[PDB]
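Drug bound: PF-06882961. Macromolecule: Glucagon-like peptide 1 receptor.
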Amino acid sequence: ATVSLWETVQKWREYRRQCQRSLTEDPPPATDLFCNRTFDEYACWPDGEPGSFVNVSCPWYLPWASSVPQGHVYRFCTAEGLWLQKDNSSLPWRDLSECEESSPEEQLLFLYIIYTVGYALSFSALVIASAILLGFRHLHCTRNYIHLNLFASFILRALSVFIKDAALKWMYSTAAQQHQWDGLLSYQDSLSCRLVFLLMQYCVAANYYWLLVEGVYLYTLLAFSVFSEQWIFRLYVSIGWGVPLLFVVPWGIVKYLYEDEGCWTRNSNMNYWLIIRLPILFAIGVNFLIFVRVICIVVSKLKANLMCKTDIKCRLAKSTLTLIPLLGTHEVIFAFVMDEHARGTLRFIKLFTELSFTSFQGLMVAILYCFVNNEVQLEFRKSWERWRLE
Ligand SMILES: N#Cc1ccc(COc2cccc(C3CCN(Cc4nc5ccc(C(=O)O)cc5n4C[C@@H]4CCO4)CC3)n2)c(F)c1
């Protein structure tokens, strides 16, 4: 098992709840001058009769609570009925030496750096490429409208991750103490957190459905008779941008109705997460079938012509390498490797490694379909000649 500050704070909440109930349920002692019973962030202490110490068990929410189940934090209140103050009139004296004491926090922090750098390169390249394809009016096709909508989905996905990471400053808090935990929990069960999470989910799903729109349009070019060019464009834009909403708002409704705490992370017993994960896998699988059929087409067209025994393979390899980025073919591997029953730190480590590799899909697409594209080079030359004549 892997544990981090995540699981420690999540157990702290349950400890606090039980402690609050006990404090609110414990009858007061019959005697007087008793030392008042309070919950400090570190531990919960009961009432103590004056002139004696308190023998409390080591709190179970600590990661090292199982190493020594024999320690006892000690706090003393004098015979007058007040806790013993320590030096410089500070928090009352307590004995913490009984039970006290690379990591998952470090791993997650490095993956975040690689994924942020990749998304930031992808964002910049896709903005340049959208400028280039929208600018020139000779490059106005239907396939270039599909490409612009795909670029838009990539850019929205990158922009959503930055907001989620910047709104909850987890990287700075990776070493927070007990006091800092209260705040962390307060933001998690707020409404800003839940709606920022919902926005990120929508942007992920919309990107996936624009790599299926790409695939379905190429397939219909290679296997179908020409049909109305507006009745197909409206249908494609509708599928790309508004089919995600048919399973992202039902998920956001069930989560909002049937949950009190948390920022809508994966529930404990029930599995609501299938409302999002299941259509994503459907799109990924259909787009894999499209990939295989298109490559079969290229192989027959390549065998029919006259080439060597090796030039066939060279051109086939180059074409397959150039088509993995457009249809997102690697997501079939990355969905095979991912464990769908992991929760907490393990889930975050797995997710971040996939994001670390797949953050640079937008950069690959931008280079392959806008910077080395032959027509784009052609307009750069033609535009340059008109200025050089002047
Ligand atoms: N309580 C609390 C708490 C505890 C510790 C710390 C600081 O230390 C640690 C330690 C381990 C991991 C982390 C961060 C690692 C991840 N981020 C934020 C975050 N990105 C997510 C992406 C996808 C999903 C998903 O399920 O698909 C869910 C995602 N989540 C967690 C929830 C979801 C909204 O936020 C949250 C923390 N930070 C703290 F900042 C808060």
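Shown for chain A, in order and in the PDB entry numbering: 28-128, 135-423. Reckoned from all heavy atoms, side chains included, excluding hydrogens, waters and symmetry mates. Atoms within each ligand, like the ligands themselves, are counted from 1 in listed order.
The source organism field of the entry for chain A says Homo sapiens. When the transmembrane segments of chain A are numbered from the N terminus following UniProt, a heavy atom under 4.0 Å from PF-06882961 (ligand 1) turns up in 1, 2, 3, 7. The heavy-atom binding site of PF-06882961 (ligand 1) at 4.0 Å consists of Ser31, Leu32, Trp33, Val36, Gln37, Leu141, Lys197, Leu201, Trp203, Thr207, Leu218, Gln221, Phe230, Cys296, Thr298, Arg380, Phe381, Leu384, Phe385.
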